[PDB]
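Each chain gets a letter, A, B and so on, in the order the sequences are listed, and its residues count up from 1. Note that ligands are numbered from 1 as they come in the structure, with each ligand's atoms numbered from 1 the same way. This entry, so its header tells us, was determined using X-ray crystallography, 2.0 Å. Any value given below was found using the heavy atoms of this structure, including those in side chains, with hydrogens, waters and symmetry copies removed.
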2 protein chains.
Amino acid sequence: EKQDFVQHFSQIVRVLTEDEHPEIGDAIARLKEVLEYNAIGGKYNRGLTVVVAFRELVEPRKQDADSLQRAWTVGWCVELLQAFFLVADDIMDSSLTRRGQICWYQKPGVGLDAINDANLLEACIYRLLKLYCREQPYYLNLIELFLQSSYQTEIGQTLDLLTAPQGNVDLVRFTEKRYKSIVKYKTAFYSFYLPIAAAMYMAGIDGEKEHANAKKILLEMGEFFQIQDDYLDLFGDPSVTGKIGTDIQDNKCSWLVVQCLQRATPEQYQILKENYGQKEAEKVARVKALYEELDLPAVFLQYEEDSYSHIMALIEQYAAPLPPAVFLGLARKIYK
Amino acid sequence: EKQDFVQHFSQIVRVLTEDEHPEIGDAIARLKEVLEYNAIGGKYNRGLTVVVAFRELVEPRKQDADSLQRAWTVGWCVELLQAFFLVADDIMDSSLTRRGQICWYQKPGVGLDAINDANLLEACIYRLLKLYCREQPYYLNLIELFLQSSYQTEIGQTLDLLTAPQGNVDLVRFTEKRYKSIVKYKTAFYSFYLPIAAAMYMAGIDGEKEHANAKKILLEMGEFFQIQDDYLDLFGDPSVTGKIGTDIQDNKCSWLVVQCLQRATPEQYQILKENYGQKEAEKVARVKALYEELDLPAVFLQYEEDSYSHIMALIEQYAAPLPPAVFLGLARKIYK
Ligand SMILES: O=P(O)(O)C(O)(Cc1cccnc1)P(=O)(O)O
Ligand SMILES: O=P(O)(O)C(O)(Cc1cccnc1)P(=O)(O)O
Ligand SMILES: [Mg+2]
Ligand SMILES: [Mg+2]
Ligand SMILES: [Mg+2]
Ligand SMILES: [Mg+2]
Ligand SMILES: [Mg+2]
Ligand SMILES: [Mg+2]
């Protein structure tokens, strides 16, 4: 399934680049480069979720060649949206690598031009929806879903960045309540709600209450996914994660620091105060050592188990009348 | 009219900030700040063009309070789009001031976070269209117009930036053909076509051929407007323009350098080669002095006259069945 999804990318790049209007040539070329470098090399889970859910929600007699093409394309739209956000997120977080290669903006000859490049990736979403879904009943529902999920992700990023001012001790700000708001908005809407909801609209499941019920499950899964992202920022294997962690030196409201603040002794609070939020390797190591001294890996592992049980309880409550398998396949993939 | 348009901004900021969901509070606050700093202080010509054209194209018996509100809001959408692009353009062009104050990203405590802030301004366009135009016949036409004009502006910005690589002599690239493509895409679609076309759709003028005819006039006006922007980058009064010029030190394909290359002697070409595209004030002054020695102000002034006559000839050819006054009021404003 992931090999089939990735094979459809050649076709996407081909239709996005067919406007070559020789004049715009050299920017179409650059657009190819941005797409090749930036939407390829991930696991493709968010885009595949659209396709998997589409096949589970749509009656097989309605799954002809062209409706399947529209599903693959919408899944690539979700991946282009993630590519838009990541590019810009790597600039703002001062990140070094992404998916096992240097962040696009560190590429010599790119730099802050990456800002345009990211806006273009966003623009491609709507070009693809027009090329493929324009005459479908769900066209406007999808455009609106993508725009709303962007807005919600940018609100989240705003909070992320206001809670993490550079060069400024922000520990008082780092609370559970605040953390939960950050991750709801910055990650949960676009990573989980968006692709399932997109498949739902394509299948003609438009009801407010069915979308609300699906959202109840999916926003909690997204919360877990971001907690996991925070854990792996520091404790993940960078040959697996494909990215260097910057949360400590970026002064982020990570699940780790939140959990640390609620366990630290007043001596340990001062260690964090003196070392969090700074570029010095030795300072970052003191924080990591405090996390390790507080058995934060053990705490994450227990949370992963408790979170799983909680999400499965919500699937029991809220999945119907959708197939639980939609949610269960997602759970398998993120608690893997 | 500009005082009425500006008065409606309080209401726009109020509806954009009514989601205060206490959790997202502090990002709504920041969103207010971004809107107050970044969509205010211009001349508002692009947003007013929507309103002026709306009143001229819509039968007065159809211009009730609420349809007029929708026109003011769509005009603010066009201004939010310009605010999105300028913010990001000031980062990528390394600009110092905008509208008589420091560029938002130079504000201490903003910096590259301005990237998110700009994406949020874009997002506000679609929130306003949904809040105000959702049940109108032209809703989808407007969303599609705004998205398309963004795409086209980002393609233009891509070309602008590829033709102007930092630290790299690009004079061979700087041709009339290339310049015309740049400005068509980066400026002409969103500054002129966009607001008139928006008013056209609101008035129920949806025809392909009427939009094409309007576009014929408006893209040429936009070409002139960018040529004027290039001229004033170096020769404008910064107490009038409100911005410091960076085209020479940014290595831009400005109308000025294009015109200089077609008049320069081989000695003068080498002066440009040795001094264009560099941060040193003394080098920038050599280029300005070469422009002045080539009587480029005199050339711009003659071009302004010839361009005016050309645009008026196109209004004669292509305005009907729209009122010429729509185009003539625009011409007055840009050749002012
Ligand atoms: O991939 P990253 O940078 O670890 C992350 O998950 C990326 C991201 C970007 C935009 C929204 N949500 C998450 P972050 O929040 O920066 O820790
Ligand atoms: O306001 P500026 O920076 O003079 C400009 O007109 C701004 C701009 C931004 C985006 C698209 N078109 C023009 P530019 O092209 O940068 O010279
Ligand atoms: Mg990041
Ligand atoms: Mg981030
Ligand atoms: Mg992370
Ligand atoms: Mg600029
Ligand atoms: Mg520019
Ligand atoms: Mg300029």
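- The name UniProt gives to the main binding partner of ligand 2 in this structure is Farnesyl pyrophosphate synthase.
- The compound at ligand 2 is the drug or drug candidate risedronate.
- Counting only heavy atoms under 4.0 Å, the other chains near risedronate (ligand 2) are B.
- Per UniProt's isopentenyl diphosphate-binding annotation of chain B, a non-hydrogen atom lies under 4.0 Å from risedronate (ligand 2) in no residue.
- Listed by number with element, the atoms of risedronate (ligand 2) under 4.0 angstrom from any heavy atom of B/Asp229 are 2 (P), 4 (O), 5 (C), 6 (O), 14 (P), 17 (O).
- Closest heavy-atom approach to atom 1 (O) of risedronate (ligand 2) among the candidates B/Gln228, B/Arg99, B/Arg98: B/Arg98.
- Taking 4.0 Å as the limit, the other ligands and ions near risedronate (ligand 2) are ligand 6 (magnesium ion), ligand 7 (magnesium ion), ligand 8 (magnesium ion).
- Summarising the contacts of atom 13 (C) of risedronate (ligand 2) with B/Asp90, B/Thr187, B/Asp93, B/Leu232, the nearest heavy atom is found in B/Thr187.
- The PDB records the source of chain B as Homo sapiens.
- At a 4.0 Å cut-off, not a single heavy atom of B/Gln82 sits close enough to risedronate (ligand 2) to count as contact.
- For the residues B/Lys252, B/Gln157, B/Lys243, the heavy atom positioned nearest atom 2 (P) of risedronate (ligand 2) is part of B/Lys243.
- Nearest to atom 7 (C) of risedronate (ligand 2) among the protein's heavy atoms is B/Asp89 OD2, 3.5 Å.
- Given atom 11 (C) of risedronate (ligand 2), the protein heavy atom at minimum distance is B/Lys186 O, 2.9 Å.
- The dimethylallyl diphosphate-binding residues of chain B named by UniProt that have a heavy atom under 4.0 Å from risedronate (ligand 2) are exactly: B/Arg98, B/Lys186, B/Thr187, B/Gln226, B/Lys243.
- The contact residues of risedronate (ligand 2), taking heavy atoms under 4.0 Å, are given as B/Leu86, B/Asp89, B/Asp93, B/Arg98, B/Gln157, B/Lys186, B/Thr187, B/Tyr190, B/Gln226, B/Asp229, B/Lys243.
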